[PDB]
Protein chains: 2
Amino acid sequence: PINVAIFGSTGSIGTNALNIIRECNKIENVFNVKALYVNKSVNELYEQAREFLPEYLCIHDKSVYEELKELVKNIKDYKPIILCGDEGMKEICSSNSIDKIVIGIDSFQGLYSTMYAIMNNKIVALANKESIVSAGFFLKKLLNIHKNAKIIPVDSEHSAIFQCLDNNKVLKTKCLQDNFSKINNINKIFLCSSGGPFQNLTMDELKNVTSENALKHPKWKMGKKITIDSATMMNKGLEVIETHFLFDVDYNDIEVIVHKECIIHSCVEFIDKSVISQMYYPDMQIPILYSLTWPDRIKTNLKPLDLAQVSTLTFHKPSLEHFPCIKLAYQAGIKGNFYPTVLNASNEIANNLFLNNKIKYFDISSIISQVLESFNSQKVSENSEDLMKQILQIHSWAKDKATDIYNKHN
Amino acid sequence: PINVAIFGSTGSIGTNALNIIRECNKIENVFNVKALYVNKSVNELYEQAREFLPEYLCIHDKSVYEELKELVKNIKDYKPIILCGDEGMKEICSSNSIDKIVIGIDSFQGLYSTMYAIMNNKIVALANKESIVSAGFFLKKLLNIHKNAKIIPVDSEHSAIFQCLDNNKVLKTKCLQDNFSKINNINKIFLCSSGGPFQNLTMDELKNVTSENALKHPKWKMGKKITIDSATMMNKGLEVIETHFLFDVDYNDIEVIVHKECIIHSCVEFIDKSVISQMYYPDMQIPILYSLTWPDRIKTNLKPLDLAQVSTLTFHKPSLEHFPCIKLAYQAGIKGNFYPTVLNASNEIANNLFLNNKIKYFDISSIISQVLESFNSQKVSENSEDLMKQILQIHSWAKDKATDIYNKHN
Ligand SMILES: NC(=O)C1=CN([C@@H]2O[C@H](COP(=O)(O)OP(=O)(O)OC[C@H]3O[C@@H](n4cnc5c(N)ncnc54)[C@H](OP(=O)(O)O)[C@@H]3O)[C@@H](O)[C@H]2O)C=CC1
Ligand SMILES: NC(=O)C1=CN([C@@H]2O[C@H](COP(=O)(O)OP(=O)(O)OC[C@H]3O[C@@H](n4cnc5c(N)ncnc54)[C@H](OP(=O)(O)O)[C@@H]3O)[C@@H](O)[C@H]2O)C=CC1
Ligand SMILES: O=CN(O)CCCP(=O)(O)O
Ligand SMILES: O=CN(O)CCCP(=O)(O)O
Ligand SMILES: [Ca+2]
Ligand SMILES: [Ca+2]
Ligand SMILES: [Mg+2]
Ligand SMILES: [Mg+2]
């Protein structure tokens, strides 16, 4: 039985993880949910605690710790270890009774739990792409220290790539490891995207888009941050850099394709030019389940893909004029150093400004571009404690710079 | 280096095999063409002999054997072993210098070289689907005796399936073995078909189609027999039975899907419901190459798949009323025993009759249907020699029965 912790259990990823775990457990007891960790959602965490009865409960926001302990007392035949903040998160990661950890915490904040899970040689089912984008080089370093840890990608495109690969070769390397793509005979990656809600808008129409309309994603139901990112295709931009770090694929070998039906989740071209792709309905349960079962697969009762009913699959190039965020991500990635950290941080600020109706669509990339331009390359610290400190400092600088740029205009 | 023999070297597969061997060798020298074997095409065998200079040459037709020896003398500094008929084939198969054999001989005839390559524990790169259809359970028995022999599928759809699997699971088993699909966690196969040239025709129009028009395949350039099979979709019916044998997939788990673009070559649904597909332009060089490099891949200079340019991929259910050969194949496969032998034999006759303008489109399925109904279940011989004799007897019986039915109607 696979012992799992779910970090960000009450969010979009975390709810889907519990969904597929529940359905798989119907027949055979395959997963034991040992731990659940949220920020503030006490009532929803208690409802999940009632169903899954995990050994550990943890809430990041200490102000709702008492509320949680109180609700939980109403559950019969149950004495969980109820924990708090970073200290709680670190205690969960250090537990011998947890094998795999799903990271469904959003934004840069997800990096902390990712780091600690790795330091405790856990299997990390990583949905949080921001951590790879802001700290890819650091994570590679960390994984070469903690040799029994692994990152297994949960992001659907990266799970798709992972699945298309031959496990006979995947097993001889590790995500983030040097030469991953060489060992796997990868020539290039087609990173598939729904294209978001604004794919058919003209330049003049785009100028005027609002966050209410950005939140109406045509294919995926997700948290607010990634949903806004999908509308600007900054999501895809972050995923380009994520592809580079996870799979050691050169930036010139990663191609973004708009596939509006979202059935094909990504494709791998091998050195012989044969292409392999993974397909399913747009549904995070598959990539989540795969991260927890890899290198095996288990039976589900999910709806089978009906190719005949789907009928048509379409593909086109994205316009970099209409979606300049993609261009900025490639540029930041190609530059290397801490440019991805600065990209991620400034986007977190610009994404949230747009969400809250403070700026326009094209201001998002304008703010990001300006922060990237302002940043000066830094010497990369050789030890991991120093490097994490350096990452946090640059991430914090970039966020303040973005806000400063916003403050100067509006 | 990889030591390869090409059986049926002057046909469509054989030429494509030499083509990709030649072009890959230009990048890096990995293939040594050790033997070529044809039926009657003395002059083109001679011409190939000059370019590749194989150690062995064989021609099945004894009446052009001396003519071949005459022609080959013209090649300076070249002393090959020149052979003929069944004897020469067996000598090539038994040679310790040959590792892999591409079987590109057409029809039931392909069985003889397939079975002897297996008997000699070779890697059999098998394109000839007729051998599997008529002798599937016998080849199964033979591969259980000769444990180092392997069939690696070359048929594009079956190569596609094979490319989608994880080789750490494949290497625990092999093609044409019981439990292959269970070991690989395969739930279901989507077998893709171009649909052939008659996909948009009414029942009334189909009654009057000719072989001249049937030979104008929209997507694949092939030999005459398979091309006619593609027009009636009997090719796909044979491929259903081929899938069942190679991968041990139940007939109720094989779906035929019409995919006119012929970019997706087939898809594998795993037990978690994830689907993996292999994709390329309709070009037999990829499946041929993979059969010779498995479990690795090598660099090629083939044109890369451009999904944006392709733009649209379509999928729909085939019409069974318009393509009754599909139904017949399913029925024969489900019956098991020697019904697939009978299906294959009667089709070889009916296919040839239609090719030479002797019968109409729906007479093909009528003849096969009538031969299948004529046949009665026969006890399966225990020893392999008697089972092989039995397959020959039945095959020969079914050809004669199909000819008799034609002769009474004419
Ligand atoms: N949703 C999706 O389909 C996909 C998501 N992703 C990635 O997965 C990650 C999560 O996304 P998504 O599920 O959409 O986001 P949500 O906003 O829906 O969920 C975020 C979760 O993280 C929790 N959380 C936030 N801060 C902390 C913290 N400090 N400590 C513990 N828990 C915390 C939240 O708890 P609380 O409820 O208490 O606020 C919530 O449970 C993102 O990084 C995203 O990029 C990637 C691909 C697809
Ligand atoms: N063509 C294709 O793209 C595909 C083909 N297939 C399968 O591959 C097989 C070959 O098809 P294809 O290449 O189109 O057929 P072709 O008719 O083009 O070629 C047949 C080849 O087999 C040779 N041959 C026939 N009998 C003998 C024999 N007694 N001994 C030695 N050689 C013999 C012929 O020799 P000769 O030239 O002297 O007559 C010829 O070279 C078929 O079984 C088909 O089902 C499967 C998938 C795709
Ligand atoms: O993996 C899932 N996502 O990242 C959401 C995909 C949305 P997009 O293709 O529109 O970015
Ligand atoms: O593998 C290649 N073929 O079998 C030829 C495919 C022809 P079809 O898709 O029309 O059956
Ligand atoms: Ca795989
Ligand atoms: Ca500067
Ligand atoms: Mg994604
Ligand atoms: Mg085929």
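In this entry the chain letters A, B, ... are assigned according to the order of the sequence lines. Residues 77-486, in that order, are what chain A shows, numbered as in the PDB entry. What you see of chain B is 77-486, where the numbers are those given in the PDB entry. What's counted below: heavy atoms across the whole structure, side chains too, no hydrogens, waters or symmetry copies. In each ligand, atom 1 is the first atom listed, and ligand 1 is the first ligand listed.
Modeled at ligand 3 is a drug that PDB records call fosmidomycin. For fosmidomycin (ligand 3), the chief contact partner in this model is given in UniProt as 1-deoxy-D-xylulose 5-phosphate reductoisomerase, apicoplastic. Using a 4.0 Å cut-off on heavy atoms, the other chains next to fosmidomycin (ligand 3) are A. Residue contacts with fosmidomycin (ligand 3) include A:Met298, since one of its heavy atoms falls under 4.0 Å from the ligand. My check of the UniProt 1-deoxy-D-xylulose 5-phosphate-binding residues in chain A for heavy atoms under 4.0 Å from fosmidomycin (ligand 3) returns A:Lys205, A:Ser232, A:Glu233, A:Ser270, A:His293, A:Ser306, A:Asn311, A:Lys312, A:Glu315.
Proximity to fosmidomycin (ligand 3) (heavy atom under 4.0 Å) is shown by these UniProt Mg(2+)-binding residues of chain A: A:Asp231, A:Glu233, A:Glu315.
The closest protein non-hydrogen atom to atom 3 (N) of fosmidomycin (ligand 3) is A:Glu233 OE2, 3.8 Å. Proximity of A:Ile302 to fosmidomycin (ligand 3) is established by a heavy-atom distance of less than 4.0 Å. In this structure, A:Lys205 is part of the shell of residues with a heavy atom less than 4.0 angstrom from fosmidomycin (ligand 3). The shortest N/O to N/O separation between A:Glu315 and fosmidomycin (ligand 3) falls below 3.5 Å. Heavy-atom contacts of fosmidomycin (ligand 3) within 4.0 Å involve A:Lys205, A:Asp231, A:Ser232, A:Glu233, A:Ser269, A:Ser270, A:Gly271, A:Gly272, A:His293, A:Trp296, A:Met298, A:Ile302, A:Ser306, A:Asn311, A:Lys312, A:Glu315.
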